Colleague: 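Following up with a structure containing benzbromarone.
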Amino acid sequence: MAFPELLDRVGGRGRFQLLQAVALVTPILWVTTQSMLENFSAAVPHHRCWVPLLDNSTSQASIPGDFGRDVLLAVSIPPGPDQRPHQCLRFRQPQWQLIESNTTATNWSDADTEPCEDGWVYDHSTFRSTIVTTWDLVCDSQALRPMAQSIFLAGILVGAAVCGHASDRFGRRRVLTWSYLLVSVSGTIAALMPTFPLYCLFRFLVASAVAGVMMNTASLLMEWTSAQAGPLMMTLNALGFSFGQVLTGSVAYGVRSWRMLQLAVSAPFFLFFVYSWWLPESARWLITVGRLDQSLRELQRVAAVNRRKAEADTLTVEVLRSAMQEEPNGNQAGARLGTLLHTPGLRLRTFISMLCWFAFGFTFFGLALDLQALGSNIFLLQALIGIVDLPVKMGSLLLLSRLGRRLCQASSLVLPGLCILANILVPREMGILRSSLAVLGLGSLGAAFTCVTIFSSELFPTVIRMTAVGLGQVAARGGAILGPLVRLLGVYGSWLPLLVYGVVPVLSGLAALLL
Ligand SMILES: CCc1oc2ccccc2c1C(=O)c1cc(Br)c(O)c(Br)c1
């Protein structure tokens, strides 16, 4: 009397699973908002150096002559690479000579310019305040944003590991609801810190709790349903991320202050926590540990929801004990890691699998967090990524049976990569075509994640099937951390970050055909 018999006899498809799927997919949207808020809360607006002549009204009253704002801006600030006033320099001694056109204003030495020691001036047309405006992440401090994003992703990884151990030892629902509470508390606290390091630490905690809640939601959604309806729930979970993208765009358009935006994003998790208590605990894990009475109570409850009390009556403790006896043992999990790499037949498939996992995190998170440089309307670009993803994710499922198994991975990585590499070659004059290629590039990478999850299981044997999938997750998380740090290469040239973000997926796709 295995557990699947009990799950089928109490009802696997009836009602209850739909309600549980809704209640566990709703928080995924806000999980996505928390993950991708860093694009909007930390946007860098156009800035110019602070000038006593222009900004200070006391010096404004002392100006001899009614000089226009553009004239004074040209007098005070050297021109920049894009014919705009330069961001990080200022004339120490106001140059009245530059106004006259009889002198070619080209012989300016760096010794005549000094760093902006009196602050900066930011435009507030599109954003009222970001962390860059608040803590002056400009010039010499421009490299700290990728550090913050990498800290967030490392927090995701550490939280995933810690919550894995905690859910293995204590259960699913308890860790899930405590993750809800910790998300809410940590976000609310982070929305009020005065200094940058405290903000980074509390974002680290938020990321840890987000990883925990995502993993526990996935596990609970998978475990309470029969194997026949698993892919439908996985597809719903995948669509949850696109809906979260759309929600992130809408909410970021709604609120233009980073503190208020963070508070609004972190608020609904308390409402999730308050009702998370009513959710039934997973019966299989309760059977595994040995709390037969609690598992029987949950089984009776869930069968009562399915309006199947007549079949629910005959459940007995001895059947539960037999099911516990029939549970497979996890002792061999220690040696499953070694046999993946030591076996030559298994070694080559793992390396190809890891590269596919690695390419997704490295490419997507290095670009999905940098929509500022890919276009002007960040609000429209954020929503379009979610919108384009849905047709591609569903369309890729149909493509599986027709063109075969092997060709799927290569096509799902080469095409998104080539679009990114085509971004450089397109002239900057055509902005409409320039932005469209980037949208299709990152938008199509969503089908890559969905494909690899299904693909990895079927290759490996059932004995080590679970372990191999876990290794791919670690590589994807590890590749995410290295993503934002690539943007530091932009000082050499603007095309350098895009070349790495395009070349890497292509090689991963081209090496994927050898499986
Ligand atoms: C925003 C969700 C998320 O944040 C992470 C941080 C570190 C490693 C993985 C993730 C991760 C995913 O797994 C993921 C999976 C699928 Br399928 C998607 O279509 C999108 Br979009 C994201």
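Sequence positions for chain A are given in the PDB entry numbering; the residues included correspond to 1-515, in order. Technique stated in the header: electron microscopy, 3.2 Å. Read the numbers this way: they start at 1 and go in the same order the structure lists the ligands and their atoms. Computed from heavy atoms alone, side chains included, the values below leave out hydrogens, waters and symmetry copies.
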Colleague: Locate benzbromarone in the structure and include all copies.
Modeller: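 Every copy of it sits at ligand 1.
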Colleague: In this deposited structure, which macromolecule lies in greatest contact with benzbromarone (ligand 1), as labelled in the PDB entry?
Modeller: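 Main partner, per contacts: Solute carrier family 22 member 12.
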Colleague: I'm curious, which organism is chain A from according to the PDB?
Modeller: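 The entry gives Rattus norvegicus.
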Colleague: I need the residues around benzbromarone (ligand 1) for a figure - heavy-atom cut-off 4.0 Å, please.
Modeller: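 The heavy-atom binding site is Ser35, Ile156, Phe241, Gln245, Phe365, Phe449, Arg477.
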